[PDB]
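We're numbering straight along the sequence, starting at 1. Worth knowing before you read on, the calculation uses all heavy atoms, side chains too, and leaves out hydrogens, waters and symmetry mates. Atoms within each ligand, like the ligands themselves, are counted from 1 in listed order.
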Amino acid sequence: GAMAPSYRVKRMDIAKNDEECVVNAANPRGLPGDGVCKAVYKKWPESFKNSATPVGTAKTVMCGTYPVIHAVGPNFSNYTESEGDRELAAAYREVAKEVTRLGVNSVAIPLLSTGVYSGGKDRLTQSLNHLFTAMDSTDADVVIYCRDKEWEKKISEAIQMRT
Ligand SMILES: NC(=O)c1cnccn1
Ligand SMILES: [Cl-]
Ligand SMILES: [Cl-]
């Protein structure tokens, strides 16, 4: 574990993270995809061997000794708000299990289902709160990666609020 486990946020490409492992915002079929998933495919292509996994689950594949945790959030175009919310909460619990099993002291994580799986809605608060619910009982340093300046401010505010 980290000596004083923390949350931080950075506005940059998760493929350039400074953490001991990465969470991919994966699709269920282990395809290169777009956004975070395409950047992860270009940086750690070996991690996409047998990475396919259902919605609401996480499956880790090593690229050398560097763990890539493929987490499949729901596509809110396809799910009801209720079922999508349940699967988004489940994906993050599976991420906490994997981070714990790996024994890492740090993890780089994107906000699941906030991009092309958002169903055109702002899900910053919904996705971040499910991230906190899952990761608060872990002792890894968590670094959240985002791309938008307004999102960075709102994530930073939510972290600082809890102290
Ligand atoms: N996570 C992000 O960087 C982000 C930015 N703008 C909309 C949705 N997600
Ligand atoms: Cl960058
Ligand atoms: Cl997404």
> Quick one: theophylline, pyrazinamide, salicylamide - which is at ligand 1?
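From the list, pyrazinamide.
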> In this entry, what is the main binding partner of pyrazinamide (ligand 1), named as in UniProt?
Non-structural protein 3
> Curious here: most residues of chain A touching pyrazinamide (ligand 1), which UniProt domain are they in?
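According to UniProt, mainly Macro.
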> Nearest protein heavy-atom contact for atom 5 (C) of pyrazinamide (ligand 1): which residue, which atom, what distance?
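The protein heavy atom lying closest is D148 CB, 3.6 Å.
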> Could you tell me which organism the entry lists for chain A?
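In the entry, the organism is Chikungunya virus.
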> Number the atoms of pyrazinamide (ligand 1) from 1 as they appear, then name those within less than 4.0 Å of a heavy atom of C146, with their elements.
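In order of numbering, the contacting atoms are 3 (O).
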> Which residue holds the protein heavy atom closest to atom 4 (C) of pyrazinamide (ligand 1), what is that atom called, and what is the gap in Å?
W151 CE3, 3.5 Å
> Could you check atom 8 (C) of pyrazinamide (ligand 1) against the protein and tell me its nearest heavy-atom contact, residue, atom and distance included?
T114 O, 3.1 Å
> If the cut-off is 4.0 Å to any non-hydrogen atom of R147, which atoms of pyrazinamide (ligand 1) fall inside it?
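Checking each atom against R147, I get 2 (C), 3 (O).
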> What residues contact pyrazinamide (ligand 1) if the heavy-atom distance limit is 4.0 Å?
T114, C146, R147, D148, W151
